[PDB]
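Drug present: ciclosporin.
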Amino acid sequence: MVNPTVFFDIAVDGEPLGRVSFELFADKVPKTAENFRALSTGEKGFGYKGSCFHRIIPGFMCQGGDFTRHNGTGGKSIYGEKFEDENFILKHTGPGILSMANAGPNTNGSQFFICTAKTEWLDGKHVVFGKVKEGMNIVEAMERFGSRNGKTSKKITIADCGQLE
Amino acid sequence: XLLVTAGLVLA
């Protein structure tokens, strides 16, 4: 099998910034990887296209995936509103880790974050399911619009997304 | 603190 590769084209107040592509570890977390892949192609009728990164904290991570409320309180999986913590085999070892945001054990929906640093304190609590394959420089450019409190100075959106491989 | 939650963002 081959792990899926997904992309996001990021825009900053509608201006295109660039493409970030992600390898999803379907061989290790199939259900979590499948959820993010299907939400990136929009094939169930809902997904990430047009949604924003609502909380970016420089040196920590960029968070997005709330396509229903756009503020951290909504979004849902392709399995129903929430699904279980599949496993915690993988850790938040450094910049580029793609991991699920949540509100406690077994509350995975659509929200995710992209780590810009090693965040070992989230190991065992947030399921790591992918990594940035190309476009880490686009993630870095994105951090310049966040703040310590997480609010962005510009609206950072996923102008388009889908699967490459 | 530095968490990534959905709904109540904690310190």
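Chains are named by letter, beginning with A, in the same order as the sequence lines. Using the numbering of the PDB entry, the residues shown for chain A are 1-165, in order. Per the PDB entry, chain B residues shown: 1-11, in order. Modified residues are listed as parent or X, with no contacts credited to their extra atoms. FYI, side chains are in, hydrogens and waters are out, and symmetry mates aren't considered; it's all heavy atoms of this structure.
Ciclosporin, all copies counted: located at chain B. What binds ciclosporin (chain B) most in this entry is, by the naming of UniProt, Peptidyl-prolyl cis-trans isomerase A, N-terminally processed. Binding site of ciclosporin (chain B) at 4.5 Å (heavy atoms): A:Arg55, A:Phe60, A:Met61, A:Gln63, A:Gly72, A:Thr73, A:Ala101, A:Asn102, A:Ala103, A:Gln111, A:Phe113, A:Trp121, A:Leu122, A:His126. The heavy-atom interface of ciclosporin (chain B) with chain A (cut-off 4.5 Å) consists of B:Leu2, B:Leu3, B:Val4, B:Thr5, B:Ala6, B:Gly7, B:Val9. Organism for chain A, as given in the entry: Homo sapiens. Counting residues of chain A in contact with ciclosporin (chain B), the top UniProt domain is PPIase cyclophilin-type. In the PDB entry, the name given to chain B is cyclosporin A.
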